[PDB]
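In the model that follows, one finds lopinavir.
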2 protein chains.
Amino acid sequence: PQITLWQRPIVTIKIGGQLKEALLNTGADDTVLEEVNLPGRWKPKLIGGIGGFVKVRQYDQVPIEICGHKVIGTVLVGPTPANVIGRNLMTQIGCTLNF
Amino acid sequence: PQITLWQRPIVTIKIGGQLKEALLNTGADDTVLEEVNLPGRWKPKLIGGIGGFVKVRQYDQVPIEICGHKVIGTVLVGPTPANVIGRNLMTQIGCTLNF
Ligand SMILES: Cc1cccc(C)c1OCC(=O)N[C@@H](Cc1ccccc1)[C@@H](O)C[C@H](Cc1ccccc1)NC(=O)[C@H](C(C)C)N1CCCNC1=O
C-alpha cells in the first residue's frame, strides 16, 4: 500500500478492539489518539508546549493494527483535535518516505 | 531516496537561491517557511488550526529544489518556529508513503 499525498493520509487503525480514523504524520513524532480507554498501567507525559504543554497518558507496548499491519507500540492517550500516527508507529509498520 | 523515520525527516531544500533545511510533513497541507524575501506578488492567507489564525504570505509557482528534485509550487512565507514541507510539494516531487 502506497499512498500518494494528494489527499490527507488518513487511515483506519484497529486499536482497543475498536476501529478509528488516523493521520500518518511524519511531522508528528509520537502518537495521540482521542480519548480511549486501554487496560493496565500508564504514566503521564506532556506533549505540545506551544502555549502550554498538554498533559496526556502514556501507555507502552500496545497492540494496534494499521492496514492489516498488526503492530505493537507506545501510544499516548487524552485530548486530541483528531487521532494522529506518528513516526513511532510508522517505523514499526515499516512506513517510509519515497520519491 | 527512501527515508525511514527513526528520525525527523529533515531534508535540505534550495528555495530562493538560498539553502534551507526543512521537515518532511505529511501532516501538513501546505508548505510554510520562516520569512525569506521573494519576488513576485502575493496574496494574504491564514493558517494555524487554534487560538487564532496566522497571517502570512502566499506565493505561487515558486522554484524550490528538494533533495535535488527541482519543482514548482505555492509556498507560504511568515512566522513558524520551523520550515515545513507539506503535501503540496510532496505530490509535486512525487513522494509517497510506503509500507
Ligand atoms: C495533539 C493533536 C491532535 C490532533 C491534531 C493536531 C494538529 C495536534 O497537534 C498540534 C501540533 O503542533 N501538531 C504537529 C505535530 C505534533 C503533534 C504531537 C507531538 C509532536 C508533533 C503538526 O501537525 C502541526 C504543528 C502546528 C504548528 C505549531 C506551532 C508553530 C507552527 C506550527 N507543527 C508543528 O508543531 C511542527 C513541529 C512538530 C516540527 N512545527 C513546529 C515549528 C515551526 N513549524 C512546524 O511545522
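First the proteins, then the strands, lettered A, B, ... as listed; each starts at 1. First listed ligand is number 1; within each ligand, the first listed atom is number 1. According to its header, this structure was worked out by X-ray crystallography, 2.7 Å.
Here the macromolecule with the greatest number of atom pairs within 4.5 Å of lopinavir (ligand 1) is listed in the PDB entry as protease. With a cut-off of 4.0 Å on heavy atoms, the other chains touching lopinavir (ligand 1) are A, B.
Per the entry, the source species of chain A is Human immunodeficiency virus 1.
At a heavy-atom cut-off of 4.0 Å, the residues contacting lopinavir (ligand 1) are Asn25(A), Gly27(A), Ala28(A), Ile50(A), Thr80(A), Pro81(A), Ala82(A), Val84(A), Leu23(B), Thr80(B), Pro81(B), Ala82(B), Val84(B).
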